[PDB]
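Structure of interest - contains linezolid.
Protein chains get the first letters and strands the later ones, always in sequence-line order, with residue 1 at the start of each. Shown: partial entry. Contacts: counted within the shown part. For this deposited structure, the header notes the method as X-ray crystallography, 2.7 Å. Every number for a ligand or one of its atoms is a count from 1 in the order of the listing.
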Amino acid sequence: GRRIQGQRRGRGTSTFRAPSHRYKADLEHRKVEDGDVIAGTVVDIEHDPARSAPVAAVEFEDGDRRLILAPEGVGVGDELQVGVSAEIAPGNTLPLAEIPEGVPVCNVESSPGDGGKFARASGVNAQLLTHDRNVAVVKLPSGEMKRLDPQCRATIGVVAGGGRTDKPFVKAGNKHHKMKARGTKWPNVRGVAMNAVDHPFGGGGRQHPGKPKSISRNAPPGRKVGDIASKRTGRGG
Amino acid sequence: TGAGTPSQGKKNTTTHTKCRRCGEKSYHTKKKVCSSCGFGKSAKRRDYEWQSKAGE
Amino acid sequence: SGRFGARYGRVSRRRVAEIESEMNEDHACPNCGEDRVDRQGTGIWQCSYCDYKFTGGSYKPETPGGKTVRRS
RNA sequence: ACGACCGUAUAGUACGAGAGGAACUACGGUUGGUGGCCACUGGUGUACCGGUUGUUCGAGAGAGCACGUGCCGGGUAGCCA
RNA sequence: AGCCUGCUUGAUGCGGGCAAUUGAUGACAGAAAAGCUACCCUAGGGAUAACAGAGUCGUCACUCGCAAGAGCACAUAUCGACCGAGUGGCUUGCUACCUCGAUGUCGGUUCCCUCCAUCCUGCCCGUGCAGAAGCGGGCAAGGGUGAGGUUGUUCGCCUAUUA
RNA sequence: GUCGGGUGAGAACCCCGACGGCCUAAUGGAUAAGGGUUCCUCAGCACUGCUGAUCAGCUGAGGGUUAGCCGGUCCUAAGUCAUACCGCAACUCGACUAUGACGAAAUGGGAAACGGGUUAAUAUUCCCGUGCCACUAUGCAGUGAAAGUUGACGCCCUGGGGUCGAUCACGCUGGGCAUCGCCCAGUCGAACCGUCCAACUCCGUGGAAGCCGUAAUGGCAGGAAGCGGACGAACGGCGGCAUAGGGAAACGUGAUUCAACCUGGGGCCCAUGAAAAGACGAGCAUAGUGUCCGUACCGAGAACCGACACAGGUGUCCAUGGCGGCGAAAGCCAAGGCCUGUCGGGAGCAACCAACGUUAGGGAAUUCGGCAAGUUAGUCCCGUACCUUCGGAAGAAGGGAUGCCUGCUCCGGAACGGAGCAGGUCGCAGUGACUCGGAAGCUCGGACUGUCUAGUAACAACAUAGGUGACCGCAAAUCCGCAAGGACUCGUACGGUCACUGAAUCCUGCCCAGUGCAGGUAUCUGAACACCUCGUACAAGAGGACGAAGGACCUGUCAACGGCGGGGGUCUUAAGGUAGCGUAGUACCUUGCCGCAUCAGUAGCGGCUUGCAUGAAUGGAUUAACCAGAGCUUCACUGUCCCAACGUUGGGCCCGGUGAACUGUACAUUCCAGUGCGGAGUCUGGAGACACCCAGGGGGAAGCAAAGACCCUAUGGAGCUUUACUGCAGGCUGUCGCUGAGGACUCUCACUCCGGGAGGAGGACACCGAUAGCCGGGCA
RNA sequence: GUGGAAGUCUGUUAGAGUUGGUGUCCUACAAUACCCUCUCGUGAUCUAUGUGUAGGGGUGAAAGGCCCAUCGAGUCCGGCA
Ligand SMILES: CC(=O)NC[C@H]1CN(c2ccc(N3CCOCC3)c(F)c2)C(=O)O1
Ligand SMILES: [Cl-]
Ligand SMILES: [Cl-]
Ligand SMILES: [Cl-]
Ligand SMILES: [K+]
Ligand SMILES: [Mg+2]
Ligand SMILES: [Mg+2]
Ligand SMILES: [Mg+2]
Ligand SMILES: [Mg+2]
Ligand SMILES: [Mg+2]
Ligand SMILES: [Mg+2]
Ligand SMILES: [Mg+2]
Ligand SMILES: [Mg+2]
Ligand SMILES: [Mg+2]
Ligand SMILES: [Mg+2]
Ligand SMILES: [Mg+2]
Ligand SMILES: [Mg+2]
Ligand SMILES: [Mg+2]
Ligand SMILES: [Mg+2]
Ligand SMILES: [Mg+2]
Ligand SMILES: [Mg+2]
Ligand SMILES: [Mg+2]
Ligand SMILES: [Mg+2]
Ligand SMILES: [Mg+2]
Ligand SMILES: [Mg+2]
Ligand SMILES: [Mg+2]
Ligand SMILES: [Mg+2]
Ligand SMILES: [Mg+2]
Ligand SMILES: [Mg+2]
Ligand SMILES: [Mg+2]
Ligand SMILES: [Mg+2]
Ligand SMILES: [Mg+2]
Ligand SMILES: [Mg+2]
Ligand SMILES: [Mg+2]
Ligand SMILES: [Mg+2]
Ligand SMILES: [Mg+2]
Ligand SMILES: [Mg+2]
Ligand SMILES: [Mg+2]
Ligand SMILES: [Mg+2]
Ligand SMILES: [Mg+2]
Ligand SMILES: [Mg+2]
Ligand SMILES: [Mg+2]
Ligand SMILES: [Mg+2]
Ligand code: NA
Ligand code: NA
Ligand code: NA
Ligand code: NA
Ligand code: NA
Ligand code: NA
Ligand code: NA
Ligand code: NA
Ligand code: NA
Ligand code: NA
Ligand code: NA
Ligand code: NA
Ligand code: NA
Ligand code: NA
Ligand code: NA
Ligand code: NA
Ligand SMILES: [Sr+2]
Ligand SMILES: [Sr+2]
Ligand SMILES: [Sr+2]
Ligand SMILES: [Sr+2]
Ligand SMILES: [Sr+2]
Ligand SMILES: [Sr+2]
Ligand SMILES: [Sr+2]
Ligand SMILES: [Sr+2]
Ligand SMILES: [Sr+2]
Ligand SMILES: [Sr+2]
Ligand SMILES: [Sr+2]
Ligand SMILES: [Sr+2]
Ligand SMILES: [Sr+2]
Ligand SMILES: [Sr+2]
Ligand SMILES: [Sr+2]
Ligand SMILES: [Sr+2]
Ligand SMILES: [Sr+2]
Ligand SMILES: [Sr+2]
Ligand SMILES: [Sr+2]
Ligand SMILES: [Sr+2]
Ligand SMILES: [Sr+2]
Ligand SMILES: [Sr+2]
Ligand SMILES: [Sr+2]
Ligand SMILES: [Sr+2]
Ligand SMILES: [Sr+2]
Ligand SMILES: [Sr+2]
Ligand SMILES: [Sr+2]
Ligand SMILES: [Sr+2]
Ligand SMILES: [Sr+2]
Ligand SMILES: [Sr+2]
Ligand SMILES: [Sr+2]
Ligand SMILES: [Sr+2]
Ligand SMILES: [Sr+2]
Ligand SMILES: [Sr+2]
Ligand SMILES: [Sr+2]
Ligand SMILES: [Sr+2]
Ligand SMILES: [Sr+2]
Ligand SMILES: [Sr+2]
Ligand SMILES: [Sr+2]
Ligand SMILES: [Sr+2]
Ligand SMILES: [Sr+2]
Ligand SMILES: [Sr+2]
Ligand SMILES: [Sr+2]
Ligand SMILES: [Sr+2]
Ligand SMILES: [Sr+2]
Ligand SMILES: [Sr+2]
Ligand SMILES: [Sr+2]
């Protein structure tokens with residue numbers, strides 16, 4: 001047959017790539033020698049093309065001007081701090097250790113210094129539950145209890161732009177514009193609507209998948225389609 | 001719109017041009033590669049054994 | 001959702017209404033206390049009175065979870 | 001290159017208890033087919049004459065263009081049914 | 001079961017062979033083997049089908065012989081079983097003779113010629129022919145056999161006219 | 001096109017005049033690509049040109065393109081390449097990371113030029129006049145100098161400033177017309193230098209508790225109006241430029257509406273609308289330098305692509321010429337262009353054909369079907385049903401009005417803007433042409449806008465928002481690469497990947513037996529290495545012990561593939577079809593039965609319904625709006641029909657010139673029968689038949705065009721499928737190497753990841769190399 | 001009343017497309033053309049140039065569509081007589 005769409009993606013051609021040349025900044029926690037003294041002033045709020053959420057421009061004491069993953073409630077003029085001794089207020093970054101338990105956190109690092117990996121999407125937030133001298137237990141937006149090095153930096157508060165998902169797109173044209181700002185091929189043609197040569201579900205006098213949709217974890221690319229290694233399906237039970 | 005005559009009208013793009021190295025009008029000015037001698041692609045001269053019958 | 005005419009159906013435009021209705025109400029500025037906050041774009045709000053530009057929800061200047069941070 | 005039908009007189013007669021109800025023959029007409037013709041009626045008639053919209057020739061007069069007449073009304077010859 | 005033999009040579013291991021028995025190929029004189037294509041492609045075949053032609057004529061249509069029977073009585077005004085004998089070539093089936101380097105489909109339409117097993121018209125015979133209207137039969141192909149509703153329909157069903 | 005004339009050996013088509021026409025977003029003007037001399041002159045007609053030719057994009061020979069201030073050149077965009085590094089058996093191959101370079105000629109950014117004149121052909125390039133920019137040198141000034149500003153930016157609505165154009169008023173200059181007094185043209189004048197400044201922002205004064213302001217939003221004791229001031233715009237005004245230039249002459253003044261250009265206010269985003277060089281910041285005089293490349297012409301119904309001088313295709317700007325009107329619409333007309341969408345002559349000009357006008361009475365009877373044609377139509381007033389998601393349906397439907405002339409009213413600053421009134425009056429007809437909906441109802445489908453088979457399918461098919469399920473915490477899930485590496489990803493669960501369903505509304509039942517996926521698993525089964533036994537002086541080999549994933553077995557799961565019958569008052573094989581809907585786009589029987597409607601209805605709609613063989617995200621039911629989607633009915637209308645006629649234009653027919661192709665075994669004036677491989681112009685028997693030519697519609701030549709695409713055959717091909725055969729990738733899992741210290745455990749030193757580094761996390765695992773078992777139409 | 005939203009409506013504005021005529025053409029003007037009708041025309045819009053993705057691979061709102069008159073696996077030459 002022919003390579004299915006999922007396989008064209010991998011080649012990374014223009015159609016599947018993200019409009020990077022159009023993206024603003026790589027919202028990473030600043031690197032501080034130590035001491036925490038580092039503080040800056042929010043100079044402006046901006047739109048982040050890559051996350052459909054607002055992002056804050058900050059001017060740091062030592063001259064550095066960098067965009068920041070802004071939590072909800074940050075406004076121009078406000079003063080933010082990054083360091084072990086940073087005050088415990090929204091918009092401030094410090095290691096999970098210095099953070100009091102029971103406080104909403106965002107843009108959590110996976111390993112100390114990476115710059116933040118978790119909870120960065122619109123209106124989401126991690127929850128710092130347990131502390132320790134060895135492990136910091138954080139509840140991620142997915143509900144999972146993640147164990148992280150207490151040295152992993154994070155920002156206090158939830159991410160800005162919450163509720164974005166509440167409003168329906170209403171029309172194809174609205175999806176269209178968003179999609180044009182992401183690394184995604186859209187619209188999507190159903191597998192079952194294609195020819196047998198283009199997809200494992202193609203063919204047939206009438207549209208219907210050929211075999212069952214739950215495919216094995218070991219299936220090769222080109223065949224792994226439908227419900228991948230489903231532990232179950234449906235809504236029943 | 002037909003693939004034939006009506007679609008031949010839009011052809012005013014220049015691609016293959018006189019090649020600096022070999023003299024043939026095969027230097028693709030967009031690719032900057034000569035389809036005849038390989039100029040732009042190879043220091044060596046484009047050449048293939050299939051350009052002649054196997055035993056000759 | 002009247003610009004949507006007889007298209008899309010109830011729910012889709014019923015929500016667009018409530019959402020945009022709460023979105024355009026005059027909001028009490030966090031800086032001063034005036035109800036003069038207007039959205040400038042996605043998640044971006046500004047007070048026409050004192051010019052305080054700040055981040056908030058996508059369609060509301062404050063979200064449930066946002067209001068939680070303050071507490072704890 | 002003529003085929004067929006209806007109607008009237010025959011006759012409310014012959015026949016028949018009655019109900020009902022013919023024919024020969026002589027007439028008038030209709031229909032289908034056929035050939036021809038245009039006085040009559042009808043169609044056409046970008047011959048022609050008139051009305052009138054827009055625009056151009058300054059107005060007027062008189063005209064062009066608007067598809068092979070701008071549009072509308074009338075219509076001779078001829079050709080037609 | 002006995003014997004022959006293995007690369008310089010001896011020993012051992014483990015092989016190679018002469019004769020034969022047993023193990024299966026049932027597509028049974030032995031390949032190890034599932035489908036779709038209307039997206040299709042090539043070679044060819046009238047060596048082989050679909051239209052049509054041709055042969056046949058069970059089928060079909062029509063006829064005749066015999067005439068049980070009924071027809072209030074009365075075979076033969078009329079209807080007419082069984083069985084028997086035929087004609088046609090409109091239906092259908094059979095065949096594979098013609099054509100696969102091509103004989104374009106059904107229905108309709110338009111236009112022309114024809115057949116008679118006659119629906120009307122002309123002339124007749126019988127009647128279970130009073131008359132009128134019928135029913136059945138004979139000669140006869142000059143002319144006529146029209147308009148409409150459903151359906152692609154042919155066919156057919158239905159409507160109002162009609163000789 | 002026509003009449004005259006010119007040139008010439010020769011003139012329908014080469015040129016002049018007149019008369020008649022054609023083109024108005026183009027048939028005019030400037031250009032991009034592309035072409036490449038096609039441009040200009042002279043001389044020609046063998047070639048090319050749909051006829052002719054004295055003509056030409058043709059032939060021959062000469063000539064023509066002039067730049068500091070127009071492009072290139074310079075900058076960077078998506079992105080490309082080169083070198084280095086790494087991979088690869090290898091390279092002209094390959095991804096990343098560095099460096100460098102490349103990448104925009106109309107149409108991204110960008111130092112600077114205008115007016116006139118001149119040539120056969122160039123022209124912001126030459127010449128004349130005037131101006132400007134950059135660099136450098138000299139001199140005076142200046143110590144400032146890099147912070148910042150600019151370059152530099154989306155979509156929708158809109159105010160203000162304002163030029164050209166157009167129009168109105170009056171004057172001047174010139175022309176036209178000649179029953180009036182009208183009608184047309186002109187009335188000019190740049191870059192540049194100087195100056196003026198609305199809006200925005202800000203300051204002082206002031207002191208509003210209700211005022212200020214807008215087309216609209218809006219503004220204010222955190223200080224409104226008013227007043228004064230700072231900063232501050234035009235390709236704009238004004239003065240110079242200019243006893244420059246241009247004009248035969250006059251060589252105007254005001255106004256309105258105002259493209260360009262300038263400057264503001266508002267609204268929208270699950271969309272956020274480049275960068276870099278450069279400029280400004282940062283004075284003036286004088287002088288010198290400013291090289292290199294492009295520059296003709298066409299830009300299309302003859303200069304480009306399509307084999308052609310091809311009715312096709314082909315980007316940009318002129319979008320403000322007059323009347324008209326809502327208008328960048330029609331129609332008519334200027335400026336400008338053309339008679340080359342390039343063969344002519346003749347016949348009242350027949351048949352027949354292409355386009356088309358008009359047809360009495362009937363009015364869809366025509367046809368599969370109203371196909372084709374027609375009907376309606378612009379604007380204002382009145383009025384408007386079912387249904388509905390309350391938006392819509394709706395221009396529903398239906399009714400009335402509509403010109404001209406005279407005198408006026410109202411809105412507005414006014415328009416050469418708009419809305420009305422009174423009176424008079426013409427026609428068959430006042431949206432008089434042109435422009436310009438036919439309307440209504442029922443049913444099916446898909447919610448809607450949107451997509452598609454370039455070249456027979458526009459649909460009910462694809463998409464879509466919405467609904468749902470699946471995978472994954474990021475050293476992830478999914479995917480590409482042999483590798484080095486890479487997409488997703490400047491992304492992180494409100495994410496994005498993989499699938500199904502397909503707006504809204506009411507809903508979405510039962511089944512886990514089979515198959516799929518997933519989890520678990522005492523016991524069973526389960527490979528290789530190592531280990532143990534036998535065997536062999538060793539080895540082959542036989543067997544044992546241990547046992548990973550996987551399987552057996554158990555469980556979960558149907559918005560996972562799918563299933564929801566026969567029989568009786570359970571059986572196969574898990575369950576046995578629930579809400580709904582139903583003769584369906586699914587119903588074989590079938591034109592089912594009843595009703596509606598018609599003279600008559602295999603249609604259509606409503607009801608019934610045992611459903612050959614409906615049914616719930618293989619989604620069910622239903623549904624407003626939408627639709628070049630399928631079917632049905634009504635009103636209106638009509639040459640679709642009854643049944644055809646006459647007319648218009650171009651052909652056809654005759655004449656001059658030009659001048660192919662298809663096709664051809666031979667013979668050939670046939671017809672009726674027969675015969676024959678059963679479908680004969682050619683055989684047989686008869687009949688008929690003097691030769692040739694013109695026009696015609698096409699009966700035959702099983703007419704011409706294509707080695708039938710249907711069917712079958714071939715130990716033919718290809719695309720596709722799968723629990724066909726055989727293999728190959730890939731995933732999981734064990735084992736050996738890397739690999740180290742002290743049936744479960746700790747550590748650190750390799751190795752991996754995070755961190756700028758210090759160091760942190762992990763750790764003999766993982767990655768990688770080798771091999772073994774399982775899965776494996778993803779691929780051959 | 002103001003305001004002026006909309007994958008909103010009318011529209012041969014430009015521009016894009018193509019329902020029917022099964023019209024004309026079918027040795028064509030044309031190896032996909034001509035005319036009338038018809039659809040879209042502020043947006044998932046249309047369009048120019050530049051740039052990227054390459055053959056069991058692309059690209060595909062999916063028609064086995066498209067990748068230079070070529071596609072159920074392009075073209076060229078070679079294998080090859
Ligand atoms: C065009 C062509 O194939 N020409 C060659 C031959 C075959 N043929 C023919 C055969 C079957 C059929 N059909 C008719 C309908 O049923 C299916 C077969 C047919 F129409 C015509 C014919 O006449 O000449
Ligand atoms: Cl999304
Ligand atoms: Cl240029
Ligand atoms: Cl304003
Ligand atoms: K045949
Ligand atoms: Mg970031
Ligand atoms: Mg994209
Ligand atoms: Mg889809
Ligand atoms: Mg399909
Ligand atoms: Mg497949
Ligand atoms: Mg579906
Ligand atoms: Mg389905
Ligand atoms: Mg044995
Ligand atoms: Mg045999
Ligand atoms: Mg035998
Ligand atoms: Mg073949
Ligand atoms: Mg045969
Ligand atoms: Mg007889
Ligand atoms: Mg006769
Ligand atoms: Mg000359
Ligand atoms: Mg010139
Ligand atoms: Mg021409
Ligand atoms: Mg009539
Ligand atoms: Mg009929
Ligand atoms: Mg029609
Ligand atoms: Mg007034
Ligand atoms: Mg139906
Ligand atoms: Mg649709
Ligand atoms: Mg097509
Ligand atoms: Mg369509
Ligand atoms: Mg669908
Ligand atoms: Mg969603
Ligand atoms: Mg969905
Ligand atoms: Mg979804
Ligand atoms: Mg029914
Ligand atoms: Mg024939
Ligand atoms: Mg053949
Ligand atoms: Mg076949
Ligand atoms: Mg095969
Ligand atoms: Mg790293
Ligand atoms: Mg295969
Ligand atoms: Mg492009
Ligand atoms: Mg198909
Ligand atoms: Na017989
Ligand atoms: Na007769
Ligand atoms: Na009938
Ligand atoms: Na000529
Ligand atoms: Na000025
Ligand atoms: Na006008
Ligand atoms: Na639309
Ligand atoms: Na099951
Ligand atoms: Na079912
Ligand atoms: Na449509
Ligand atoms: Na007619
Ligand atoms: Na003939
Ligand atoms: Na194939
Ligand atoms: Na309102
Ligand atoms: Na069309
Ligand atoms: Na290929
Ligand atoms: Sr990052
Ligand atoms: Sr980083
Ligand atoms: Sr399928
Ligand atoms: Sr359930
Ligand atoms: Sr082009
Ligand atoms: Sr190269
Ligand atoms: Sr070589
Ligand atoms: Sr009588
Ligand atoms: Sr009587
Ligand atoms: Sr005329
Ligand atoms: Sr009219
Ligand atoms: Sr099968
Ligand atoms: Sr099919
Ligand atoms: Sr058979
Ligand atoms: Sr006879
Ligand atoms: Sr008779
Ligand atoms: Sr028949
Ligand atoms: Sr029947
Ligand atoms: Sr001559
Ligand atoms: Sr010339
Ligand atoms: Sr460059
Ligand atoms: Sr430019
Ligand atoms: Sr625009
Ligand atoms: Sr104005
Ligand atoms: Sr020029
Ligand atoms: Sr031009
Ligand atoms: Sr053209
Ligand atoms: Sr075309
Ligand atoms: Sr003119
Ligand atoms: Sr000529
Ligand atoms: Sr008339
Ligand atoms: Sr009809
Ligand atoms: Sr009818
Ligand atoms: Sr009306
Ligand atoms: Sr298309
Ligand atoms: Sr729904
Ligand atoms: Sr199961
Ligand atoms: Sr039931
Ligand atoms: Sr539905
Ligand atoms: Sr003829
Ligand atoms: Sr629209
Ligand atoms: Sr429209
Ligand atoms: Sr058609
Ligand atoms: Sr027509
Ligand atoms: Sr054609
Ligand atoms: Sr508009
Ligand atoms: Sr070959």
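- The ligands or chains attributed to linezolid are ligand 1.
- The name the PDB entry gives to the main binding partner of linezolid (ligand 1) in this structure is 23S ribosomal RNA.
- Every other chain with a heavy atom under 4.0 Å from linezolid (ligand 1) is named here: E, F.
- Those other ligands and ions that come closer than 4.0 Å to linezolid (ligand 1) are ligand 5 (potassium ion).
- The 4.0 Å heavy-atom shell around linezolid (ligand 1) contains E:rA50, E:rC51, E:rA102, E:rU103, E:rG104, E:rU105, F:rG708.
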